[PDB]
Trainee: 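Take a look at this one; I'll ask things after.
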2 protein chains.
Amino acid sequence: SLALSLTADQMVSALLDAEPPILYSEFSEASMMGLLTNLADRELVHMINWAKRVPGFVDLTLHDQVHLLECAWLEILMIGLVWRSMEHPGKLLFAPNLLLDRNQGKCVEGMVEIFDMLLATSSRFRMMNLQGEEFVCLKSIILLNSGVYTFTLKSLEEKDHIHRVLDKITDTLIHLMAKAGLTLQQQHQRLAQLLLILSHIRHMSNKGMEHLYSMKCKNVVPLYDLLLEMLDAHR
Amino acid sequence: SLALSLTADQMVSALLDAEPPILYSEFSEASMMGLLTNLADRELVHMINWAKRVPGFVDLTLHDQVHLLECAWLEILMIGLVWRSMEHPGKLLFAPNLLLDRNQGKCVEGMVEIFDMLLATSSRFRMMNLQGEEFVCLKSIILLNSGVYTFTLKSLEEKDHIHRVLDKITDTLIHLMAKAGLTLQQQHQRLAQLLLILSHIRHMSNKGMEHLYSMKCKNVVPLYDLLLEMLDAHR
Ligand SMILES: C[C@]12CC[C@@H]3c4ccc(O)cc4CC[C@H]3[C@@H]1CC[C@@H]2O
Ligand SMILES: C[C@]12CC[C@@H]3c4ccc(O)cc4CC[C@H]3[C@@H]1CC[C@@H]2O
């Protein structure tokens, strides 16, 4: 596997390279859910493409790739938002031309809490001064670790492969940190601080599907096909 | 804060010491949900006690302690189960005298998937040969990190405190690993492997409340007060 041969430096660039393009967005509960939902549906296409370039991904069986995708779509979309929203304290930059503010969350039922969790993460990223090389690694960790406990003998081999690439990505992270000259102890603390945010992202994502789902049941969400597909995987 | 002064060794023992007693359990969807639910309600009591002894906990305001508790109760209960279920492949040891098997999950509606996730975690713990000192540390990390992004100036101080203790627990983990003689590189890989399971635990707990909540709506779950209290915090 290429994954298992690249050096921390190649890995980082490979990842830096797979990054997708930033889309542009095309207010009432319905009008807002529409934009947000539309933007999501569009990034989903890019997402799939990006997934194909994360070192090691393509080595899984075609159904396993769909599984990780279906499992982490919203997590991936949320860390992206968080990351691009970093330098806009108190706001969320869905797009370069769509910058909602906390209070605009009140437009849709039950959205403010999600916005709140999103802002808090965004803020934590600001405080830790998260680097783009770090960002790109976490995003791949999310893609690979989220659906791993839900994949038999081919699964055991699929699980190892994933664990193995996850170790490589870990090494890349530490590599990056040492290069920024953090003590060996600061390196292990940052690592742990970064990976503990992933829990919150899981948390948020779970609340996000639950919400997107009621929005769909209330018939407020449009019929975007790829987005309903990813949402159904979960239900 | 004591927390910030203990040495990795004292930290470990302090944690090893706070461990609660193992309860004993006192089949139809209703009869099963009853046992499971009853057992949970009982461990909740011990849980609160235990939380009071996790170094640094007691330094938070009284309401923040209730908040972390309300936030991580089911995550805590689930890692405990998983941990005690380790050496019983394919089974879940709720109690010393209550050992359900995967298929017994089918008794209650929607429970098998939860059991499945539980088994998978239990299995991963087996594979990594998770030590008790490690177990005790992760459990505290869960208690402290889960409700941290949902706590102002006192909050900023509360958040730092928590981040601080989190680093100390991180150091304790590494300390443990080095003592078992793992290379510096195996140390950082194991760390990341241990913390990534926390995501899955978050995920499982989220599904678990969703389920316990429908079980309650279907009027199958008894009226245990402490358990309804923790469940309501989430809703
Ligand atoms: C899924 C939601 C609509 C799509 C939103 C979105 C849309 C695009 C995007 O890049 C990130 C997110 C984060 C929050 C998501 C929202 C969570 C609640 C809502 O249902
Ligand atoms: C909360 C549930 C009943 C209580 C169960 C329990 C009860 C006691 C315990 O120590 C661990 C768990 C793990 C799974 C929990 C279940 C998840 C689904 C169910 O509703």
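Note on naming: letters A, B, ... go to the chains in the order of the sequence lines (proteins, then strands), and numbering restarts at 1 for each one. Indexing begins at 1, ligand by ligand and atom by atom, following the structure's order. This entry, so its header tells us, was determined using X-ray crystallography, 3.1 Å.
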Trainee: State what ligand 1 is bound to in this structure, picking the chain with most contacts and naming it per the PDB entry.
Mentor: estrogen receptor
Trainee: Just wondering what drug sits at ligand 1.
Mentor: estradiol
Trainee: Okay, with a cut-off of 4.0 Å on heavy atoms, which other chains neighbour estradiol (ligand 1)?
Mentor: A
Trainee: Using 4.0 Å as the heavy-atom cut-off, which UniProt 17beta-estradiol-binding residues of chain A are near estradiol (ligand 1)?
Mentor: A/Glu43, A/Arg84, A/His211
Trainee: Could you tell me which UniProt domain of chain A does most of the contacting with estradiol (ligand 1)?
Mentor: NR LBD
Trainee: What is the residue list for the binding site of estradiol (ligand 1), using non-hydrogen contacts under 4.0 Å?
Mentor: A/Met33, A/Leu36, A/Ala40, A/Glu43, A/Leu77, A/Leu81, A/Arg84, A/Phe94, A/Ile114, A/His211, A/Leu212
